[PDB]
Amino acid sequence: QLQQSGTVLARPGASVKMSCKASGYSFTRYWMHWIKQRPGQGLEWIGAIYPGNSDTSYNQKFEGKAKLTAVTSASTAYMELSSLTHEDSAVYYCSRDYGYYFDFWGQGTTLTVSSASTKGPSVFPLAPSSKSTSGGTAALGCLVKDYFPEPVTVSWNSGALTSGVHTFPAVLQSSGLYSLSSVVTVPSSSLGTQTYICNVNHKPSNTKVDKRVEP
Amino acid sequence: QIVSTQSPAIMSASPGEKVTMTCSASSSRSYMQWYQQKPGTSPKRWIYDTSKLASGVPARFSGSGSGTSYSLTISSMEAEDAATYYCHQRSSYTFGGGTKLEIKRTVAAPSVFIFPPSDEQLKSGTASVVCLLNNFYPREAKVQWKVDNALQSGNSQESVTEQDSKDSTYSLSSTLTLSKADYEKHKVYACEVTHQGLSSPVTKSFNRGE
């Protein structure tokens, strides 16, 4: 098990330190690797550490920037990155080097680098419009607008509704604030008898709102 | 330092088809490995030492190659195999760009819904009009907004889902954002959709008063 750290937000110029805690195997016998993944690009190798000896191998591109340490008695490899620029916004994985393949990998830590400030979302009902009657299928949704940072969690009827739900990827507007839509498809008839509520929770703001979407 | 180039970068394939993806090593390298990643998970060990499949990798996958060209072939494409495939080499620790593999299915024309601004958004002075193209294939769809039957440019954004798991269709939303002032100057808001599975483009409209 390689349990990595939480989502990390940061301003340009700053620095960040993110852990990768290991369990099971004997931490000192295996090099720990750190790979960067940035949307629209592949996987980039940053470097590795041998915690038994602390010798390290760095990719040239990250030499002045990343630093790999390992507090051996605590089974936690670390990595700080320095002078964060917009291009370090990405997902960082640590993975164990078994020898000829990376075999385990931690879930990722997302770092967002931006000058922008936390903003909770405004939630707006996208009321059962189009085909609502003459269709047999009606679509309803919530518009989760102007929030920063990612992520937001939208769910319908406290989880009691899954079928037909399409929550779309957040898009980032000119203002550097994101917005998304969660839309659900229901049979036109249900509109008179059910109540559709979407539940939006944005934790970096501690925003939890529920919205009825009535036709 | 060894640069790996993968081709194709996107590939659609019907289940039962045979796919083959390349990863070419710029400088002759001894062993090639291959990782698979599905949306929202870490890479998984798939092929290693040019052709040994790891433990779990079903019989249909197959590494092959020497020096500068390696390949991953799937014999009978299955629906569960759609993912991005990256090849990896151990001297520079480089990886190649990925080959996303999607499943081909039959053309399915979008249902288009359109939604007017809620009142709550309007009191706060902005107006977002959403147009939804629901469950379709291929992913290529073209959505044009017209306000008082005149085309709009530069003030919409769209987001597309990743291919549905049991269905294989995409969904796309396009949002037009206006100030309340601008919204109120115009009357007919229409979403025009062009897509393969449509003999003529669907338009869906609402009129601001009505």
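Chains are designated A, B, ... according to the position of each sequence line. Per the PDB entry, chain A residues shown: 1-215, in order. So for chain B, numbering is the PDB entry's, and the shown residues are 1-210, in order. Per deposition record, X-ray crystallography, 2.6 Å.
- For chains A and B, the recorded drug is SDZ CHI 621.
- The deposit refers to chain A as chimeric SDZ CHI621.
- Looking at the entry, the name attached to chain B is chimeric SDZ CHI621.
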